[PDB]
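Complex: tetracycline / Tetracycline repressor protein class D.
Convention: sequence-line order gives letters A, B, ...; per-chain numbering from 1. Per deposition record, X-ray crystallography, 1.6 Å. Atoms within each ligand, like the ligands themselves, are counted from 1 in listed order.
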2 protein chains.
Amino acid sequence: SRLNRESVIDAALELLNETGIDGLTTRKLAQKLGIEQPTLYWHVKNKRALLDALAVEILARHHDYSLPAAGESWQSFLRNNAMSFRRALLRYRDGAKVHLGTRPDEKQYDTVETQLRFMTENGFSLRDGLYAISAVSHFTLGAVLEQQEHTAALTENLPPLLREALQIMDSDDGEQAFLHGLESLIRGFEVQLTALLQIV
Amino acid sequence: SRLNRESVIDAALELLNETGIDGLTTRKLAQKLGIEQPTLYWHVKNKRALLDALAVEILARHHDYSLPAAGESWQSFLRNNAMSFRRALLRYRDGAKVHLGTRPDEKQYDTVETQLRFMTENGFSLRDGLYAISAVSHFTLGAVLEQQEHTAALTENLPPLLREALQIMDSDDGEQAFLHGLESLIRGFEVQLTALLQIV
Ligand SMILES: CN(C)[C@@H]1C(O)=C(C(N)=O)C(=O)[C@@]2(O)C(O)=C3C(=O)c4c(O)cccc4[C@@](C)(O)[C@H]3C[C@@H]12
Ligand SMILES: CN(C)[C@@H]1C(O)=C(C(N)=O)C(=O)[C@@]2(O)C(O)=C3C(=O)c4c(O)cccc4[C@@](C)(O)[C@H]3C[C@@H]12
Ligand SMILES: [Cl-]
Ligand SMILES: [Cl-]
Ligand SMILES: [Cl-]
Ligand SMILES: [Cl-]
Ligand SMILES: [Cl-]
Ligand SMILES: [Cl-]
Ligand SMILES: [Co+2]
Ligand SMILES: [Co+2]
């Protein structure tokens, strides 16, 4: 079929979602696309190139709260941004794994630059803003990774509090724990920011 | 070589550390151990059994701050516990990936039960204690996963704050951002706990 960038990425997203990050082979991608391996190689050099491109596309498609609103607080932006990043990661099988270790792409420069400048305009040094941003990213990735891999994994002598914790854990999709943790994180940054030079 | 549980796990840990989670194949494990595949199969049924066992062993070996000390605060326990969990995950290539989606093993029951009871003895409901514990686990896993996969990945037109953030990011191993985020998390749980029924 068609082998422009957009279509090879569509195909790889479909393949990822069907087979997960282990089935995302250049050989199985070639089968999907109805082509021989040397034909695919012209367009896609290896699995790592595909993984990087998929990371970028996942957020392009489904990460919709990338930028603060007019007059939005840094707290509200971080909350909205995290919920969005989470939704985007959960859209595809192993989407969080796909993101891991990536760095901002050139196509994301203006956006992420705006995110960093915004934090500094709200009083954070660049370093402290980055630390907040990274903590939100890492917490979200962690939570999503554990939720997704646990669903994958699925394929009495318990002590009482653990038994209860497991029901709680298995009683929703993970969103309740994620949102509680998110509020904790945001408020911890707020304490630190407002402390200035005071022992806190 | 020897094929008791302890030795098959040693071997798989060595293999994981050499080849990462993709090289942890039952076929490459068999080569390592100097045996045929049907011989390995008697002892190890599949990659998933191996992954679960490795998750447990990684913490048995190198996760040394599993339980609070006499009179230790819940804040200090969480800090010490997270630093320990982090050290343990970083000990082996893809160790965080190996942990993802696992649930407590029977061998960990008494320990994790103690962790949960401890939080409740410090004022958290089981649910709120679990939410704190999960947030710490998820944040640590996220941070480690991003650090490790980025090292794996490694194989000018930047906007200024991003350029700076990237140097900051690449200026240490990840520990500074992790520890800053950790303090934020812990203090956010503390605000929430102490709030009781007050709007916070
Ligand atoms: C917090 N939230 C999930 C962020 C986000 O909304 C992003 C996006 N493109 O809209 C990211 O790129 C974002 O998700 C993301 O992936 C970020 C990063 O990886 C980095 C890295 O790796 C190194 C330096 C700076 C950044 C960053 C500022 O761009 C990070 C911003 C993250
Ligand atoms: C926070 N810290 C890193 C914890 C820890 O030190 C552990 C350990 N064995 O010492 C875990 O097992 C610990 O790391 C860990 O992996 C935990 C969990 O997976 C769960 C799951 O998955 C579901 C219910 C309850 C737990 C839990 C209470 O045992 C979690 C405790 C985590
Ligand atoms: Cl074409
Ligand atoms: Cl607002
Ligand atoms: Cl503020
Ligand atoms: Cl033997
Ligand atoms: Cl203490
Ligand atoms: Cl307290
Ligand atoms: Co990223
Ligand atoms: Co766990």
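Here, the model contains tetracycline as ligands 1 and 2. Chains with a heavy atom under 4.0 Å from tetracycline (ligand 2): A, B.
The single protein non-hydrogen atom nearest to atom 11 (C) of tetracycline (ligand 2) is B:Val112 CG1, 4.0 Å, given as residue, atom name and distance. With a 4.0 Å heavy-atom cut-off, tetracycline (ligand 2) is reached by no atom of A:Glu146. Measured by non-hydrogen atoms, the distance from tetracycline (ligand 2) falls under 4.0 Å for these UniProt Mg(2+)-binding residues of chain B: B:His99. Not a single heavy atom of B:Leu78 sits less than 4.0 Å from an atom of tetracycline (ligand 2).
Bonding summary for tetracycline (ligand 2): no covalent bond to a chain.
Polar contact with tetracycline (ligand 2): present for B:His99 (N/O pair, distance under 3.5 Å). Heavy atoms of B:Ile133 approach tetracycline (ligand 2) to within less than 4.0 angstrom. The PDB records the biological source of chain B as Escherichia coli. At a distance under 4.0 Å, no protein heavy atom can be found next to atom 17 (C) of tetracycline (ligand 2).
In terms of polar-atom proximity, B:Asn81 is counted as a contact of tetracycline (ligand 2), with an N or O under 3.5 Å from an N or O of the ligand.
Tetracycline (ligand 2) does not have B:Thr140 within reach: every non-hydrogen atom of the residue lies 4.0 Å or more from it. Between tetracycline (ligand 2) and the UniProt tetracycline-binding residues of chain B, heavy-atom distances under 4.0 Å are seen for B:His63, B:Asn81. The residues of other chains having a heavy atom under 4.0 Å from tetracycline (ligand 2) are listed as A:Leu162, A:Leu166, A:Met169, B:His63, B:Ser66, B:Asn81, B:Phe85, B:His99, B:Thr102, B:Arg103, B:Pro104, B:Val112, B:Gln115, B:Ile133, B:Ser137.
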